[PDB]
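Section: structure with tigecycline.
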Amino acid sequence: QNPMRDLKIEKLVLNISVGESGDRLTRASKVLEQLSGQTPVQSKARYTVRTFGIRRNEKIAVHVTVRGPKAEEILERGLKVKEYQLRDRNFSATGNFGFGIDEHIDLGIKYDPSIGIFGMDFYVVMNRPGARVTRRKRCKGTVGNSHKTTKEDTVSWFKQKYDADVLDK
Amino acid sequence: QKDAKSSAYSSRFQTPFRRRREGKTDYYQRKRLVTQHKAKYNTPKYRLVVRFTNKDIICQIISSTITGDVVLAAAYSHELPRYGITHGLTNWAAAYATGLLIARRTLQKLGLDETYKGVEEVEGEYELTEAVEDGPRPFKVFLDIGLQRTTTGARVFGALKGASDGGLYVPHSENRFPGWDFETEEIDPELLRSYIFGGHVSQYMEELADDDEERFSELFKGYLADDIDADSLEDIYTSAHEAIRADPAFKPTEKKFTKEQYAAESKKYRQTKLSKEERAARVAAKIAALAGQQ
Amino acid sequence: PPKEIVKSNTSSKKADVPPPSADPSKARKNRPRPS
Amino acid sequence: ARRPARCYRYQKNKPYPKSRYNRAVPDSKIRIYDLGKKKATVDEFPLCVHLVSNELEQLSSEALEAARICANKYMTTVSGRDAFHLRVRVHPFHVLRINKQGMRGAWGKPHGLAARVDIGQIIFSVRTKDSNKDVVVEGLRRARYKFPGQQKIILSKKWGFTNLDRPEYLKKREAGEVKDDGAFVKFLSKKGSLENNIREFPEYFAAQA
Amino acid sequence: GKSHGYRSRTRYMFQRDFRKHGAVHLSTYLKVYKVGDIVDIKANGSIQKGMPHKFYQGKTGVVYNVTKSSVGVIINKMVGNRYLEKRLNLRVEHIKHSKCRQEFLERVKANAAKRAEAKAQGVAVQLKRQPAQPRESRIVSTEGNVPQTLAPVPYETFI
RNA sequence: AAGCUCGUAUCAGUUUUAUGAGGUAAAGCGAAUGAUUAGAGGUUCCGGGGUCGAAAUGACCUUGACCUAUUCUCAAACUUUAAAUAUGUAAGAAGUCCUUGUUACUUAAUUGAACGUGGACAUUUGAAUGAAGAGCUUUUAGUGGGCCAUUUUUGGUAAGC
RNA sequence: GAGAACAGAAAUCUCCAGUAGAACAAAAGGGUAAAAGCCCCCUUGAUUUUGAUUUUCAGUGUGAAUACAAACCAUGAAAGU
RNA sequence: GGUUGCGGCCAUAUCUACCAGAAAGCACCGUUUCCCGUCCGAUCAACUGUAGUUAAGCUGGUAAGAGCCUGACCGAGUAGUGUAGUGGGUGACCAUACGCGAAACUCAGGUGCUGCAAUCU
Ligand SMILES: C[NH+](C)c1cc(NC(=O)CNC(C)(C)C)c(O)c2c1C[C@H]1C[C@H]3[C@H]([NH+](C)C)C(O)=C(C(N)=O)C(=O)[C@@]3(O)C(O)=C1C2=O
Ligand SMILES: C[NH+](C)c1cc(NC(=O)CNC(C)(C)C)c(O)c2c1C[C@H]1C[C@H]3[C@H]([NH+](C)C)C(O)=C(C(N)=O)C(=O)[C@@]3(O)C(O)=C1C2=O
Ligand SMILES: [Mg+2]
Ligand SMILES: [Mg+2]
């Protein structure tokens, strides 16, 4: 049935890939500080691409992991600026979903003329309660087949909550 | 999900050891703990194995044999309420009491109890059990934590200090007990005495009873049921310490509904395997059920 | 102060080589071009 | 150029194939290994005829291609192109070497490719109908004219190329445990899963004729 | 051009067994060797420290020294016109016991037992082993077993 | 060659019994790596070329690619398996068992380790067969161009190479 | 593999599968998965005194390595290394 | 007979799909004051056993299951190999005599056993 396996939000990840180093990346980190209320972590390149203008071991992106009530309020603000419609793709086959916003002034803080415009990627993952069995150290395991939330379960939950709608497929 | 692994993969697959596969032991650590200096030839290396479940603390003295590890002494936090501690069976004071209990139990069993009295004036100071001159050396065991983190302020180190105060020569340093401020690089005797005598639970009780009645009530229902006041934790923990110093001998339970009754009736719901003719009968029944091109 | 923190990559390759999934022959022509 | 197969005839060296240690070798002369109606079924072609070796030797890749052409040309000219399936059962993997002052530094460059053939090893296999025995035997006689050594034309009494001599293949087919694949067959075993055995062979698990 | 290193020609010699890679086990760590024991040398590839030379692989010797993590084994090796004694310092993962030696101990215990009874009842001992005596006189019953006649088969080619 | 100490339980270009070790011949590729012939089915996921109403972030396809189950042939520098022949050790008296002596080693310890005292172990002292002796030492010569035959094998087309 | 603004074949982030198909400075072989790989903390056993042993071997040297002993250290909660 | 802690052998134990688990235990689980640790009380640390749950973990069963293990007079005394011949054959190579002797294939069976200590209708 459904005693306690209903669903829950595990974490929300805010990702900004500025593609260069310096003032732009630092200002993106300040945007993440002011939005999440939490120190952002700067992600680093993997290999050089000539067309991308990136170099190996050069700081490229920045991301924040948030959990709990702050995760749900950030998700609510993101869905509010995304007018509660999400394109079905937008719900990956392992149930985790996400979207992307441009011109982050649409939610929250004013422009702060010294930082700039930074679009960001919202990515959210969900789990049924009991993912500690595959995350903990001693006596690891894998969740069973009446678990590991699917696309249909996620879209059913996302149509039950939030009063949202989906697209064609 | 079309990720079924191939027969070649399953044939070349080397399974790990049983305990590594069930994720209970670290064999690197086990090797280094139980390999003996070969010039002693028979002396077992004795492990103070400390484990923590969600509701119990298991503290054992284990030696290693080719046929399998054997137990010299055992002490359980669900046996602690016989002494003095009816609540908080997995706290720091329970860990210290279990270490004291296992140390006194193994010394009573080995007949090393008249000497090596330990402390009896528990003060939260760091000392090693010095060997008594012209007498037997102290019993040497090595702490087996297992897989848990060796962070500062760990109940396994609470049990370590319990054994060290009980009289077992555990080799250890003081940079893992609570109150070890690395800025000052010494120990805090007052804070460590508070942690031994359960001071953090006491300050927690007075803070909750001052601020939130519903959270204090919800977490401490059994405390209010026994009417145990917020300032009697040190009284009951001390009285438990001298009860441990009095009688560290294992009293088994009443053992009602004996072993053969347990085997005969308490476990009969295990579903029995079939044999060859029954398996062939199920195969033929499925052939009859799936007969036809439907 | 602006505390700086780095992502510790769980990768072992130290060669400066793109993966074989980066073949430029593999490319979706007739991708929707912006109007 | 073109040294004799009499100086490359016997198996004298270890097998020396194309590997990471032996590069820049020339490609073999034989590229096609199946001729005739290669999409036909074992139900279509019952009789097997084998050209088999009787000496331990080395057949040249180009000897294989020359005998393959003369055989296929004769069979196609006499009995048509769809009356037979010819499969060559040896592949040239042994790189043969040529030396080309004195014996100092005598290790040579790669020269050609050859297939090492053992005693009792099938070189050519032809499956056909029962009426075409004479034309298949004559075509393989031309093939044994062009190969070196002594060879034998044997009438293989297996249904087609596979296995399971003609009474056994009959009993399997009218039992129904044989399924027609492209140019071969699949067999029902009593060791698989029941579900996929049902949905792969319904005729055995029905009361059909 | 030519090389004789410490581990030349030791590819398949120091490979592990199939589906036997990884950690070596605590039985081989907890077995005890005392001075005078007879041990067999087969190198384990996982532990690189203390490994023997390739000459001593699969070789039997007497342990003479027992120390912290290794044992010393005396091996006779043939060079020239003489055997030389060699004193190897090998670790306990490369050292294993000798089942010929344990069976010899069980046989000496059995022999001591057998002589103890044979002295108690006053009968001759018959202690040393005898090799396979040929056979004895026997009777075979045709009842239920009539000899079936076999003949050589003709030549039928299977291919 | 000169011998010397013993001719007192010592050995063997040998076999058995017990126990090891190896990765060569074979074999294998519907088992990993590499090579490789041929069809069958599938990918409503357009990789490439089309067609259908110039349309299609649409269908009907061809064709690759990929996957699944098969199929033919291999590998000195591939391998799960794995010989035969050669190869290590042992077959007690310098051995086994029982009580108790030393130690600064070791142990929580009158526990262990090593070496011991004392006592028990005969018409089989603990497989076979042989011994025209066993062991040891000194001194010194000549030699330090080799060649052929059976089998295994390298380079070479091959060679009385 | 499935997804997420710009972002596409490939920039960053997740989840799942993943017996090692990666990495271990270099040639090849062997070995290694709660590590011998990748990040972090502390360090200088890359130290002193000479002996014994293995490999090539005449059982000489050189080089390399192995196991100890007497010290003094490093690290770790500790066994240990 | 279960369950826990520590294990021995290290797939007869693994993998895939689906069912069952009364008691206890284990687990999931609740909170952030302290010790502590992170970008993040997710892991880790600490406190309670209370608010609940067997949904997962775990255990066991089923599958003409994949794999793995054992055996066979199944293949096969076959391939291969020592030793011998003034044996054969132009040779390649083959046969015989005295010995040893596989692997794949086929078929059948099986799908963890066990040591110490504690606890359980
Ligand atoms: C049968 N005898 C002639 C003999 C033979 C051998 N050696 C052999 O077997 C022959 N050697 C070959 C095998 C041919 C190389 C022998 O080796 C011996 C002996 C005799 C023993 C006698 C022993 C004896 N005690 C203990 C029974 C004895 O009285 C003394 C003594 N206390 O003085 C001994 O000398 C004695 O112990 C001894 O030494 C003998 C032999 O060694
Ligand atoms: C194996 N047999 C041949 C043997 C071997 C040795 N020596 C060895 O074991 C080998 N020597 C080493 C220690 C390895 C250097 C031996 O030393 C002996 C013996 C034989 C015995 C027989 C003894 C015997 N016992 C029962 C008293 C006996 O009857 C007499 C006697 N009183 O007449 C003996 O002669 C006897 O005592 C004896 O001399 C033997 C040995 O010494
Ligand atoms: Mg004598
Ligand atoms: Mg004597």
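Lettering follows sequence order; numbering is per chain, from 1. All heavy atoms count here, side chains included; hydrogens, waters and symmetry mates do not. One-based numbering, in listed order, for ligands and for the atoms of each. A restricted portion of the entry is shown here, and the contact count covers that portion and nothing more.
- Across the structure, tigecycline can be traced to ligands 1 and 2.
- By contact count, the main macromolecule holding tigecycline (ligand 2) here is known in the PDB entry as 23S rRNA.
- Other chains with a heavy atom closer than 4.0 Å to tigecycline (ligand 2): F.
- Taking 4.0 Å as the limit, the other ligands and ions near tigecycline (ligand 2) are ligand 1 (tigecycline), ligand 4 (magnesium ion).
- Taking every heavy atom under 4.0 Å from tigecycline (ligand 2), one finds F:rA9, F:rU10, F:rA93, F:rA94, F:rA122, F:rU125, F:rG126.
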